[PDB]
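Rapamycin:Peptidyl-prolyl cis-trans isomerase FKBP3 complex.
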Amino acid sequence: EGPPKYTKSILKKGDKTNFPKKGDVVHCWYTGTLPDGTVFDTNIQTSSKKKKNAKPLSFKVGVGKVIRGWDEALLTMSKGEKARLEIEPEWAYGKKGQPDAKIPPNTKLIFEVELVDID
Ligand SMILES: CO[C@H]1C[C@@H]2CC[C@@H](C)[C@@](O)(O2)C(=O)C(=O)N2CCCC[C@H]2C(=O)O[C@H]([C@H](C)C[C@@H]2CC[C@@H](O)[C@H](OC)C2)CC(=O)[C@H](C)/C=C(\C)[C@@H](O)[C@@H](OC)C(=O)[C@H](C)C[C@H](C)/C=C/C=C/C=C/1C
């Protein structure tokens, strides 16, 4: 189980009342960055689609739909919370990384994650 192979720093507090449980479906805005500061992915729209059509990432939590660091971190977050996650390679894409997805081998990944809603 532990200790966790990720760290969480809370950037914006959530409601501190509604926490996702394993099997809940969550919705999030995220930005993913490498240790060098390069943004590798984001689902946050720059403009004119900021609200018009953009859809947040949707997944069922705690069941291995996402990398381990996200799955465990989400369980610690409350609705509306914005957090910075630093995730070791072992709880991300492993030692090999995911080159076809732009993730280099053996690199920590930094995500800013906002938990919008829980179903
Ligand atoms: C264009 O953007 C991509 C997301 C990209 C992919 C490449 C990575 C770098 C990245 O840039 O995201 C990224 O930033 C990243 O690493 N992410 C994304 C955000 C959550 C954390 C992490 C992740 O785990 O991605 C995930 C990672 C890449 C793959 C998983 C890693 C954990 C492993 O255990 C899983 O095995 C199952 C596979 C991708 C996802 O977040 C999507 C949502 C989830 C899946 C594809 C799987 O759960 C899949 O098979 C179960 C499903 O059940 C889904 C719902 C089926 C439906 C049809 C697919 C929808 C696909 C949406 C794809 C999206 C939005």
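By the PDB entry numbering, chain A shows 106-224, in order. Values reported hereafter were calculated over all heavy atoms of this structure, with side chains retained and with hydrogens, waters and symmetry mates removed. Going by what the header records, the deposited coordinates were determined by X-ray crystallography, 2.0 Å. Whatever order the structure lists them in is the order used to number ligands and atoms, beginning at 1.
- Looking across the whole structure, one can locate rapamycin at ligand 1.
- In this structure, the binding site of rapamycin (ligand 1) at 4.0 Å (heavy atoms) is formed by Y135, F145, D146, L162, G169, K170, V171, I172, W175, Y198, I208, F216.
- The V171 neighbourhood of rapamycin (ligand 1) comprises atoms 20 (C), 24 (O), 32 (C), 41 (O), with distances under 4.0 Å to a heavy atom of that residue.
- Within 4.0 Å of atom 49 (C) of rapamycin (ligand 1), not a single protein heavy atom is present.
- Less than 4.0 angstrom separates atom 2 (O) of rapamycin (ligand 1) from none of the non-hydrogen atoms of the protein.
- An N or O contact shorter than 3.5 Å is missing between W175 and rapamycin (ligand 1) by distance.
- Of all the atoms in rapamycin (ligand 1), the ones that sit under 4.0 Å from a non-hydrogen atom of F216 are 14 (O), 16 (O).
- Distances from atom 61 (C) of rapamycin (ligand 1) to the protein include no heavy-atom value under 4.0 Å.
- The dominant UniProt domain at the interface of chain A with rapamycin (ligand 1) is PPIase FKBP-type.
- For atom 28 (C) of rapamycin (ligand 1), the protein comes within 4.0 Å by at least one heavy atom.
- Source organism of chain A, per the entry: Mus musculus.
- Of the protein's heavy atoms, at least one falls inside 4.0 Å of atom 10 (C) of rapamycin (ligand 1).
- Protein non-hydrogen atoms do reach within 4.0 Å of atom 65 (C) of rapamycin (ligand 1).
- Close approach of rapamycin (ligand 1) to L162 is summarised as follows: ligand atoms under 4.0 Å from at least one heavy atom of the residue are 19 (C), 20 (C), 43 (C), 65 (C).
- In summary, the atoms of rapamycin (ligand 1) found under 4.0 Å from a heavy atom of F145, numbered by their order in the structure, are 14 (O).
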Once you restrict both partners to nitrogen or oxygen, which atoms of rapamycin (ligand 1) have a protein partner under 3.5 Å, and how far apart are they?
residue              : atom   : partner : partner atom : Å
rapamycin (ligand 1) : 11 (O) : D146    : OD2          : 2.6
rapamycin (ligand 1) : 12 (O) : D146    : OD2          : 3.3
rapamycin (ligand 1) : 14 (O) : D146    : OD2          : 3.3
rapamycin (ligand 1) : 16 (O) : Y198    : OH           : 2.5
rapamycin (ligand 1) : 24 (O) : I172    : N            : 3.0
rapamycin (ligand 1) : 25 (O) : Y198    : OH           : 3.4
rapamycin (ligand 1) : 34 (O) : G169    : O            : 2.8
rapamycin (ligand 1) : 48 (O) : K170    : O            : 2.8
rapamycin (ligand 1) : 53 (O) : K170    : NZ           : 3.2

